[PDB]
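The model presented next includes rivoglitazone.
Chain letters follow the order of the sequence lines: the first is A, the second B, and so on. By the numbers in the PDB entry, the shown part of chain A spans 207-240, 245-268, 276-461, 467-476. So for chain B, numbering is the PDB entry's, and the shown residues are 205-262, 276-476, in order. Values below: every heavy atom of this structure, side chains too, minus hydrogens, waters and symmetry copies. In listed order, ligands and their atoms are each counted from 1.
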Amino acid sequence: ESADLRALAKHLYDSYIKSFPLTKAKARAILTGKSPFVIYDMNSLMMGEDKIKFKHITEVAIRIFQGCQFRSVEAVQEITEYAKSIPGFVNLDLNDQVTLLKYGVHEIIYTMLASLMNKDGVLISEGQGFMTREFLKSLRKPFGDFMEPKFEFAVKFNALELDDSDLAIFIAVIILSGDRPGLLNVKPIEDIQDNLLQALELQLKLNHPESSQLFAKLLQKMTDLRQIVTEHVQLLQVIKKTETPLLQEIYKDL
Amino acid sequence: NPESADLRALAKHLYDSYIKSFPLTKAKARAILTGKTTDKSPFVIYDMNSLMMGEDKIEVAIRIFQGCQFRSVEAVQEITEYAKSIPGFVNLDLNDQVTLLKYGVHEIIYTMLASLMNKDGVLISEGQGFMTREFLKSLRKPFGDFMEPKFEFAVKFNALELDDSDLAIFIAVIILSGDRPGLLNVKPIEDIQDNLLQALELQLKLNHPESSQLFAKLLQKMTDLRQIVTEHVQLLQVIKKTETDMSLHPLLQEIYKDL
Ligand SMILES: COc1ccc2nc(COc3ccc(CC4SC(=O)NC4=O)cc3)n(C)c2c1
């Protein structure tokens, strides 16, 4: 039966590679050596907009935030395509699929955002750029407190040294959360998630044999994820109290 | 089935997103309009007393017009949700996304409005109601002329007998139009629409194997869609002068601006 867990792990890894262009191995190779444009202050931001091809350009902090929402929309679509590859997901109730995605995209977005972050900054524009953590902190309030929680999460999460094949199953586990509010049929969701959790346990034990309870710690990280999301939507409504048409319909979330 | 399987997967994806984005599909509209139910029967509005009676379970011409406006805003929200699910759409330039929605939203609105129509009237309020064509024609000028072109187009267009799986790809093709005014990068939009047109051609061949050249006729209906949108914006340009005390919805204002 363990061969079946390995088959599921390989399937999810292949789908993960198909769905996410900027993998953690690529981002890690860019952050060490293999040449992204670094944005460290306002002038390097200017030259970045004049040199890098950004798609969100129609105050500076509002612009940075709006780009980080463009990327979030793209991410939601990639996560949707990946979720459709999880065995049993498409056979679920359609409303349940919509609910699972609706409540999972944020936790997955920050999980994978950790893959593009180190203690000093975050990759941007499919790895073409690297915006420093200090330049993000230097943004005016409340926009200066948006990314620091994500950095603090990414340090501890990256300390687990997970690879893409681990993150594929971990993300698949996040999607199939049977406690999302409004679900109509929880039984098949929790069944799929139990199979995915078995696959994740076997994967972590075969891929990290020196880490005794890495599975448990990875499960413990999900509480931190829900804290980052829960405390992020607060900054999102306060952000709705600091920014006063057709563009706002595209970004009714993020 | 070589690369046809990729187009079939794209069709299934678009149909799934379609069902997830529009709560009143054509299938449910036809189940309501015909007689497949005793639970899906609508309340029929055809005069003043049936309107006043039907205002329990969800000026007069102004009220109906505002209802059409609210339904239009809701439709723009649903079409936006569906557009974000078109592969490659959210990867385009943001300005081009705004433009594509801006010029495609009403063509899609009337296309799907055909699904809620017969020759006698149109479903309203999620199918709970059904307002007749002649009651809409009886409204004061020029509100009485607002819906007739939509009814004529819907009569000609419903003859193609498309189901929801066809309409998903068709409205996807409508969104990814490279001839919209003001687009920055036409080439990617045209690549996506080339893929969507392949998917639509295959879907119409497999779903309607007896409908000869249904692809061409469906593509030709976009002319009628264009003419309908133009006549509507002209009517609006009259209403803006006759009714100085009425307001168009801000989203609708931004849509119609420089159309
Ligand atoms: C209160 O009674 C109601 C309630 C809702 C109804 N919906 C419809 C028909 O649905 C329509 C018709 C036209 C449009 C296009 C329009 S109209 C406008 O002002 N701006 C647009 O973009 C969009 C939806 N009718 C007849 C209604 C009657």
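Per UniProt, the macromolecule in most contact with rivoglitazone is Peroxisome proliferator-activated receptor gamma. Counting only heavy atoms under 4.0 Å, the other chains near rivoglitazone are B. The closest heavy-atom contact to atom 13 (C) of rivoglitazone, among the options B:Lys367, B:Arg288, B:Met364, comes from B:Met364. The largest share of chain B residues contacting rivoglitazone lies in UniProt domain NR LBD.
Judged by heavy-atom distance, the UniProt rosiglitazone-binding residues in chain B that approach rivoglitazone within 4.0 Å amount to B:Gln286, B:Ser289, B:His323, B:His449, B:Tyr473. Comparing B:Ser289, B:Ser342, B:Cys285, B:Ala292 by heavy-atom distance to atom 25 (N) of rivoglitazone, the nearest is B:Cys285. Per the entry, the organism of origin for chain B is Homo sapiens.
At under 3.5 Å, a nitrogen or oxygen of B:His323, whether backbone or side chain, sits near a nitrogen or oxygen of rivoglitazone. In B:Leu330, the part holding a heavy atom less than 4.0 Å from any atom of rivoglitazone is the side chain. Under 4.0 Å from rivoglitazone, the heavy atoms of B:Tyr327 that appear belong solely to its side chain.
Counting the atoms of rivoglitazone from 1 in the order shown, those under 4.0 Å from a heavy atom of B:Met348 are 2 (O), 3 (C), 28 (C). Proximity of B:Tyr473 to rivoglitazone, defined as any heavy-atom pair under 4.0 Å, is confined to the side chain (atoms from C-beta onward). Within 4.0 Å of rivoglitazone, judged by non-hydrogen atoms, the site holds B:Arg280, B:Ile281, B:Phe282, B:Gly284, B:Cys285, B:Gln286, B:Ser289, B:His323, B:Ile326, B:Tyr327, B:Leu330, B:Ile341, B:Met348, B:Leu353, B:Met364, B:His449, B:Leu469, B:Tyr473.
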